[PDB]
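Here the structure is laid out as structure tokens; the discussion comes afterwards.
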Amino acid sequence: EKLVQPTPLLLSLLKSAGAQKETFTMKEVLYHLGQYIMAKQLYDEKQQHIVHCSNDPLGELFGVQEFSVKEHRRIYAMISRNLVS
Ligand SMILES: CCOc1cc(C(C)(C)C)ccc1C1=N[C@@](C)(c2ccc(Cl)cc2)[C@@](C)(c2ccc(Cl)cc2)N1C(=O)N1CCN(CCCS(C)(=O)=O)CC1
């Protein structure tokens with residue numbers, strides 16, 4: 001599997017959620033981002049698949065401040081913009 005390298009901001013969020021390295025598989029990056037979202041309680045109370053970013057630094061990585069965990073292609077796109085090329 002390919003080990004990717006999150007840029008500064010993204011990496012900071014992953015480490016806050018428990019990540020302890022600099023390179024990860026995309027599966028690991030996503031797992032840690034999910035943990036970050038749960039830790040920060042960014043998910044919507046009523047529609048739990050919805051993630052609110054307008055009040056969190058995670059919002060800096062998205063154009064539209066709300067995304068669904070069901071939007072895998074969109075989420076992969078966001079991460080790609082935050083990987084060392
Ligand atoms: C952060 C929220 O993530 C998810 C939330 C949901 C619910 C709550 C809407 C169903 C479903 C799937 C999830 C959920 N889907 C995952 C697998 C995923 C994997 C790849 C991609 Cl591209 C997108 C999503 C992941 C890892 C996630 C990863 C990145 C991001 Cl930005 C958000 C979530 N995620 C996750 O973190 N959890 C933790 C909480 N778990 C809670 C499981 C509870 S239960 C009763 O359904 O078993 C479920 C898995």
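Numbering starts at 1 and runs along the sequence shown. Read the numbers this way: they start at 1 and go in the same order the structure lists the ligands and their atoms.
- The drug candidate or drug found at ligand 1 is named RG7112.
- The chain that RG7112 (ligand 1) touches most here appears in the PDB entry under the name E3 ubiquitin-protein ligase Mdm2.
- Interface of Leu33 with RG7112 (ligand 1), defined as ligand atoms under 4.0 Å from a residue heavy atom, comprises 31 (Cl).
- Counting only heavy atoms of the protein, atom 8 (C) of RG7112 (ligand 1) lies nearest to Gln48 CB, 4.2 Å.
- In this structure, atom 28 (C) of RG7112 (ligand 1) has a protein heavy-atom contact shorter than 4.0 Å.
- Residue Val69 touches RG7112 (ligand 1) through backbone and side chain together, judged by heavy-atom distances below 4.0 Å.
- Contact annotation: for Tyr76 versus RG7112 (ligand 1), heavy atoms closer than 4.0 Å belong to the side chain alone.
- The presence of a protein heavy atom under 4.0 Å from atom 22 (Cl) of RG7112 (ligand 1) is confirmed.
- If you check which protein heavy atom lies closest to atom 34 (N) of RG7112 (ligand 1), you get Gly34 CA, 5.0 Å.
- Under the 4.0 Å distance rule, the nearest protein heavy atom to atom 45 (C) of RG7112 (ligand 1) falls outside the cut-off.
- Nearest non-hydrogen protein atom to atom 38 (C) of RG7112 (ligand 1) is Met38 CG, 4.2 Å.
- For atom 25 (C) of RG7112 (ligand 1), the nearest non-hydrogen atom of the protein is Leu30 O, 4.7 Å.
- Less than 4.0 angstrom separates atom 17 (C) of RG7112 (ligand 1) from none of the non-hydrogen atoms of the protein.
- For atom 42 (C) of RG7112 (ligand 1), the nearest protein heavy atom lies 4.0 Å away or farther.
- Remark: minimum distance from atom 19 (C) of RG7112 (ligand 1) to any protein heavy atom is reached at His72 CE1, 4.1 Å.
- Residue-ligand proximity, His49 to RG7112 (ligand 1), at heavy-atom distances under 4.0 Å covers atoms 9 (C).
- Under a 4.0 Å criterion applied to the non-hydrogen atoms of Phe67, RG7112 (ligand 1) contributes the atoms 31 (Cl).
- Checking atom 49 (C) of RG7112 (ligand 1) against the protein gives no heavy-atom contact under 4.0 Å.
- Within RG7112 (ligand 1), counting atoms from 1 as listed, the ones closer than 4.0 Å to a heavy atom of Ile37 are 1 (C), 31 (Cl), 32 (C).
- Counting only heavy atoms, the protein never gets under 4.0 Å from atom 10 (C) of RG7112 (ligand 1).
- Lab note: binding site of RG7112 (ligand 1), heavy atoms under 4.0 Å, is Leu30, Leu33, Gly34, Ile37, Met38, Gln48, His49, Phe67, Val69, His72, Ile75, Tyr76.
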